[PDB]
S.K.: 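Okay, here's the structure, questions in a sec.
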Protein chains: 2
Amino acid sequence: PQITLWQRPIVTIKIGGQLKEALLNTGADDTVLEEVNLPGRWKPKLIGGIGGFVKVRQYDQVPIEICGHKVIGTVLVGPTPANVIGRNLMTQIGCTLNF
Amino acid sequence: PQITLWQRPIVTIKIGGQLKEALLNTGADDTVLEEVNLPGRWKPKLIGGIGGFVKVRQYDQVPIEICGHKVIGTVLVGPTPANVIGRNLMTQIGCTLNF
Ligand SMILES: Nc1cccc(CN2C(=O)N(Cc3cccc(N)c3)[C@H](Cc3ccccc3)[C@H](O)[C@@H](O)[C@H]2Cc2ccccc2)c1
């Protein structure tokens with residue numbers, strides 16, 4: 001499905017059993033989700049960098065589905081003003097920049 | 001073209017007569033560029049807003065070159081961690097997200 005950008009690219013993803021919204025942010029290396037409780041282990045990682053660093057929880061192979069696109073990928077879990085799907089995951093679903 | 005996303009969508013624009021490095025940021029509403037002595041009139045528009053706001057100069061309908069695509073569009077000028085090409089300037093260039 002082609003998504004014009006006249007509006008903020010916010011699609012729905014299915015994670016940890018729950019349903020949430022997420023912006024297809026390409027200027028994002030990583031994927032950060034608003035506090036959740038994914039099982040499995042994780043590691044603590046720091047992101048941001050401007051204004052200090054924000055620490056979150058790194059998870060791996062955390063299954064995730066995007067617009068029906070079942071996929072697997074690293075999901076940083078912590079405090080973000082809006083759930084965001086970075087390139088790390090966009091590259092796993094086939095998403096490309098086209099013009 | 002078809003810009004995959006394993007790397008960061010950095011493309012060579014051509015604003016103000018010079019040549020630059022800009023990141024195609026879908027999650028980005030507007031386009032802000034670190035200093036470019038831009039002619040004509042502008043006006044104060046605060047962007048960002050976390051940890052406080054930030055003032056950049058808004059010059060409307062500004063000509064810009066993006067990968068051989070010539071267009072016109074609002075481009076805010078000021079202190080920005082990187083040169084970003086937001087949705088406003090991606091729509092005008094007919095750029096889309098696909099998967
Ligand atoms: N007009 C305009 C100018 C610049 C940027 C944007 C758009 N955004 C950003 O670029 N972000 C800040 C931003 C902007 C420029 C550089 C950086 N590093 C961050 C991060 C994306 C992000 C990038 C890199 C790592 C993690 C997250 C945020 O997660 C996104 O939701 C939006 C949300 C947003 C933030 C501030 C103001 C309005 C809307 C719009």
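Here is how names work: the chains are called A, B, and so on, in the same order as the sequence lines, proteins then strands, and each is numbered from 1. Order of listing sets the numbers, starting from 1, for every ligand and every atom in it.
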S.K.: Look at ligand 1 and say which of CNP520, DMP-450, ASTX029 is there.
M.R.: DMP-450
S.K.: I'd love to know the main binding partner of DMP-450 (ligand 1) in this entry - how is it named in the PDB entry?
M.R.: protease
S.K.: I'd love to know which other chains sit under 4.0 Å from DMP-450 (ligand 1), counting non-hydrogen atoms.
M.R.: A, B
S.K.: What residues end up in the site of DMP-450 (ligand 1) at 4.0 Å, going by heavy-atom distances?
M.R.: A:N25, A:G27, B:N25, B:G27, B:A28, B:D29, B:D30, B:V32, B:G48
S.K.: Is the closest protein non-hydrogen atom to atom 18 (N) of DMP-450 (ligand 1) under 4.0 Å?
M.R.: no
S.K.: Would you check which organism the entry records for chain B?
M.R.: Human immunodeficiency virus 1
S.K.: Answer yes if a protein heavy atom lies under 4.0 Å from atom 32 (C) of DMP-450 (ligand 1), otherwise answer no.
M.R.: yes
S.K.: What protein heavy atom lies closest to atom 36 (C) of DMP-450 (ligand 1)? Include the residue and the distance to one decimal.
M.R.: B:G48 CA, 3.8 Å
S.K.: For atom 25 (C) of DMP-450 (ligand 1), what's the nearest protein heavy atom and its distance?
M.R.: A:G27 O, 4.3 Å
S.K.: Note the single closest protein heavy atom to atom 3 (C) of DMP-450 (ligand 1), along with its residue, its atom name and the distance in Å.
M.R.: B:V32 CG2, 3.8 Å
S.K.: Who's the nearest protein heavy-atom neighbour of atom 21 (C) of DMP-450 (ligand 1), and how far?
M.R.: A:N25 ND2, 3.3 Å
S.K.: Who's the nearest protein heavy-atom neighbour of atom 2 (C) of DMP-450 (ligand 1), and how far?
M.R.: B:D30 N, 3.7 Å
S.K.: Answer yes or no for atom 12 (C) of DMP-450 (ligand 1): protein heavy atom present at a distance under 4.0 Å?
M.R.: no
S.K.: Under 4.0 Å from atom 27 (C) of DMP-450 (ligand 1), can you find at least one protein heavy atom?
M.R.: no
S.K.: Name the closest protein heavy atom to atom 6 (C) of DMP-450 (ligand 1), giving the residue it belongs to and the distance to 0.1 Å.
M.R.: B:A28 CA, 3.5 Å
S.K.: Identify the closest protein heavy atom to atom 40 (C) of DMP-450 (ligand 1): which residue and atom is it, and at what distance?
M.R.: B:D29 N, 3.2 Å
S.K.: Which residue owns the protein heavy atom closest to atom 15 (C) of DMP-450 (ligand 1), what's the atom, and how far is it?
M.R.: B:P81 CB, 4.8 Å
